[PDB]
Student: 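The following entry shows paromomycin complexed with 16S ribosomal RNA.
In the text below, chain A, chain B and the rest are named by the order of the sequence lines, each starting its count at 1. Structure method, as recorded: X-ray crystallography, 3.1 Å. For ligands, and for the atoms within them, numbers begin at 1 and follow the listed sequence. Both backbone and side-chain heavy atoms feed into the values below; hydrogens, waters and symmetry mates do not. The structure has been trimmed to a portion of the entry, and contacts are counted only among what remains.
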Amino acid sequence: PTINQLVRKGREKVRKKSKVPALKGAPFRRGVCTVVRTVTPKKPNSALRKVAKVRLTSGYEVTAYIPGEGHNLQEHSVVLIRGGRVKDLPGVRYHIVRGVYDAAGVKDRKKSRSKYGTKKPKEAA
Amino acid sequence: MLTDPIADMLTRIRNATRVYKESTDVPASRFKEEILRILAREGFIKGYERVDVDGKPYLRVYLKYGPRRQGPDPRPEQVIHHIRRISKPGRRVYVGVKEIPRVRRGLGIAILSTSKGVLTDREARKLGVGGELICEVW
RNA sequence: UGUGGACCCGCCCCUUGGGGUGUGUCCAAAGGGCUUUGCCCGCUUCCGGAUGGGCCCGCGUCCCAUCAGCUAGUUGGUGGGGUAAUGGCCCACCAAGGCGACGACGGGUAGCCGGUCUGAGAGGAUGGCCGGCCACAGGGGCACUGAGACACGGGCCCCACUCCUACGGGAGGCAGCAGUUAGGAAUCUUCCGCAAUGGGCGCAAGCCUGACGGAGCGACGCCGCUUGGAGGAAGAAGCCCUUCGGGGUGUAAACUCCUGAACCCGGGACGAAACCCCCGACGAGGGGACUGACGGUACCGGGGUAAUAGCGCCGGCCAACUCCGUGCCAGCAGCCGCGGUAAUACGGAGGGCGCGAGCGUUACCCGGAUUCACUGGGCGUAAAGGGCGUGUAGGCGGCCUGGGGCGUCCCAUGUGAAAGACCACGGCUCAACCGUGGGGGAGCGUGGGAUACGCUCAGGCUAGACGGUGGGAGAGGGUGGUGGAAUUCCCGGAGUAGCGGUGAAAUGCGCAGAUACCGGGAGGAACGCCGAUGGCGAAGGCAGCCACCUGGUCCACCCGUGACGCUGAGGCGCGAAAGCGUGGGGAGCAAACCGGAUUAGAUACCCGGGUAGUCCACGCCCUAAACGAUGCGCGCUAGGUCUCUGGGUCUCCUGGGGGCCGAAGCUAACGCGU
RNA sequence: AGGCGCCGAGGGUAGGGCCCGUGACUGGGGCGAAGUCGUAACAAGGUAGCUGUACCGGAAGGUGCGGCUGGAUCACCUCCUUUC
RNA sequence: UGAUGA
RNA sequence: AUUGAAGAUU
Ligand SMILES: NC[C@@H]1O[C@H](O[C@H]2[C@@H](O)[C@H](O[C@@H]3[C@@H](O)[C@H](N)C[C@H](N)[C@H]3O[C@H]3O[C@H](CO)[C@@H](O)[C@H](O)[C@H]3N)O[C@@H]2CO)[C@H](N)[C@@H](O)[C@@H]1O
Ligand SMILES: [Mg+2]
Ligand SMILES: [Mg+2]
Ligand SMILES: [Mg+2]
Ligand SMILES: [Mg+2]
């Protein structure tokens, strides 16, 4: 644009949008479950994926992924939510933190133990 | 109407050299002359002189090149590699002495107009004055 | 009493209510202690200082124009009132004004800054701790007192809440330190001390001080430190790989010596010398004493134990590979993507990479992102030229000379607090942290200077633009008129059995005689050949011929004016087709629709009919593959060839259009290319 | 002292404008390996396509009018290129 | 006139 | 049963 033009209109600040209304910015939100459905992925993916409908302290009600081997969640389960889409499941944009509230940690977990929320086990250790 | 005469000159010059012309008229103005003097002195042009064409004052500018050149494409190097307007009617550009640019670590010039007259950048810097930054040239 | 000060009037200097002066008028005071006639603490008037503040002004300060008009104390005035003081701050009266595309008004969001984070920088983001300013003290009013408040722990009233109530009435306000509860992903002790610093009152001794100086909780952050050091096999076991030879964990362990975090014993701070008292003189100066929350802590000396490792990752980006399990499952997943019976990508295991009292995850900010491009981007086909003009504001402006000096540039000077930042040297054993010193600095104010460029004023020129005279080409537009070819119908003639239509057919029309043929008539619409690779117009668009009304434009002459220029937000006008309204018209064509075929079906392609519409006048609509998908103007940069239209000295030369090929150059390419 | 008055937080009734809520009924839209109907489009896509508009039809669409090439194939042409 | 997902 | 594996097919 001419320079007069920039004096007239100026450039416009590219201000862009959140991917995670875990509202008040907040790094995590507390919710209570509602469904604990299973969902089919899309794309070229086939499987039965674990999901909860979560009613939030945000005021918001949304779907969240339940990561790891197997869970222990049902209707009234009460859980912490973290954000992290699933990407195979369009419309799933939050994960459930495992090992907080009524969500068990992953039993029998040796490797990426810190996610999945499972304490240092004792064997020869 | 022709809206930036000094742009014009720089361009006439830029244009004539890329087809290796020996010379170009440009319609004459005192200011244009002052810029030419620098070009001449700094060794970018051979020289220049006043002349008429259709009986109106012009300025023949004698341009200057390198030697005929090595292999496929024998075109001489240019002496005036780059000649660019900085200040323009759209956007006037002025510098204080502390902020006059250094063109191509000194291997280049920046003509620049002051209330002590038109000067290369070293010239201006020495007489510790700034002004309208006319064009760079390297 | 009147040093003096206040006020009215005058006069002088000075210049907004600043000094000075003269009548007149008006206005002061408080006592206390004593080491008691002479000192200490006070009181009163006034002039100054110092510090702290009020008020005003230039400039700067976020998002939305899908917020465009706003405003009655409104804008100004005269006279009051009110204040410490200016002011519609408030009031009476008069005037009719003020503000806004340079964004008024309205909506949203927000305490501002010093700074902070990020970035090469320009910039972006931000304003927690610390320092400065502002505003608020349950929400809303309001004044009192005072040098100062319209007062967080003062007052009054209204409201909402909680508490007491003998039901009339009352009490109250942690956004002070702790602490409780609620909300939340989440944020501390109902600690110790006035020892230091600082504050209030007091002559002092002192008292008050949840300011503060410390300690406590939390890996929340930064910095320092430990979980050992040297030996120690061709190399235990176990575990893992294995072409069954072996290879790996691995000097790692074991084991030898050595040192000695922790822990124990002994000593033990600086931070604190003042106030005060004595001497001197209640001064200067000298002497003396009291005082430590932190704390039996830091630090010093002695003794002394081998004494904690975790988390993430190993398909590519990205450093790190193997065996099982699993079979599009269970699962992974920042993006690309892994898994369907041989998975370095899932889960486990060996081994490996990375970091280490941490490591990862999520959220958020800057980066990379020249991905809003000022630095530093683009629009023929990628997203992007406005459908075209006209011209308003605005932006931009040829050549010469002079004034001015606004922009711009230079010198001096003031300002830019401290913290922070950067550099030095210092103190804690280092560092973090801290002290001291030095050096930057835009922006703004003042004084002086320059004048090239920009601006402005005044003059001047003719190269831009406009005009004059003379010539030209054109489907440029408007109005009236007229011409022939064809189709349809109507009338007459002659004439007989089909015509029409298709891939083939049928619907249809024909003996009320159609088709074909000849003559006459009516009507509507469109203009064959010329016709072009042609012309005209800003676009849409414009085509028989004739007249009239009218737009643009090209050439020659070099005659006039003297920069009168370019572009153009908004406005206004034009704008193909189809469509809308009113009134006409209606030949041919033809959405819809009615039939005939076709087809698996055929709401279609083909065939026979047919209304709107196509046509005219007037008024709307305002769209498009409104295209060169290429905004407008000007200057510059090889040529060749075809063409329309001028001029010349007419091989040619020279203008203005239309084309193609293509120097230089440009482009992602295709292409573009006077 | 007390009284009256102006102003005045706030409240009321009428009248507009505006924001949140919820909402019976209702319109589409995005996304989801292997459901149904046809076959519009891409080759001349088997009626060249696209387009503004207008009517119509389960659906893609079809047709009318005008426009565009951002259309295949054959011709006559003239341009370019080619010489010569 | 049609030719199921990777 | 079929397929690389599935959907679909008996
Ligand atoms: N997507 C917007 C419009 O949506 C429509 O798409 C929607 C449906 O029409 C389309 O349906 C397809 C169907 O076309 C196709 N012929 C058969 C197929 N099973 C369907 O599939 C759809 O529905 C199935 C459930 O059966 C889901 O598995 C699948 O995610 C989805 N693609 O799937 C879309 C919903 O996913 C148009 N077909 C689409 O082309 C158009 O763009
Ligand atoms: Mg770009
Ligand atoms: Mg485009
Ligand atoms: Mg297929
Ligand atoms: Mg698959």
Student: Name every ligand number or chain letter assigned to paromomycin.
Tutor: ligand 1
Student: From which other chains does some heavy atom lie less than 4.0 Å from paromomycin?
Tutor: D
Student: What residues, by chain and number, sit within 4.0 Å of paromomycin when only non-hydrogen atoms are counted?
Tutor: D/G30, D/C31, D/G32, D/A33, D/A34, D/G35, D/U36
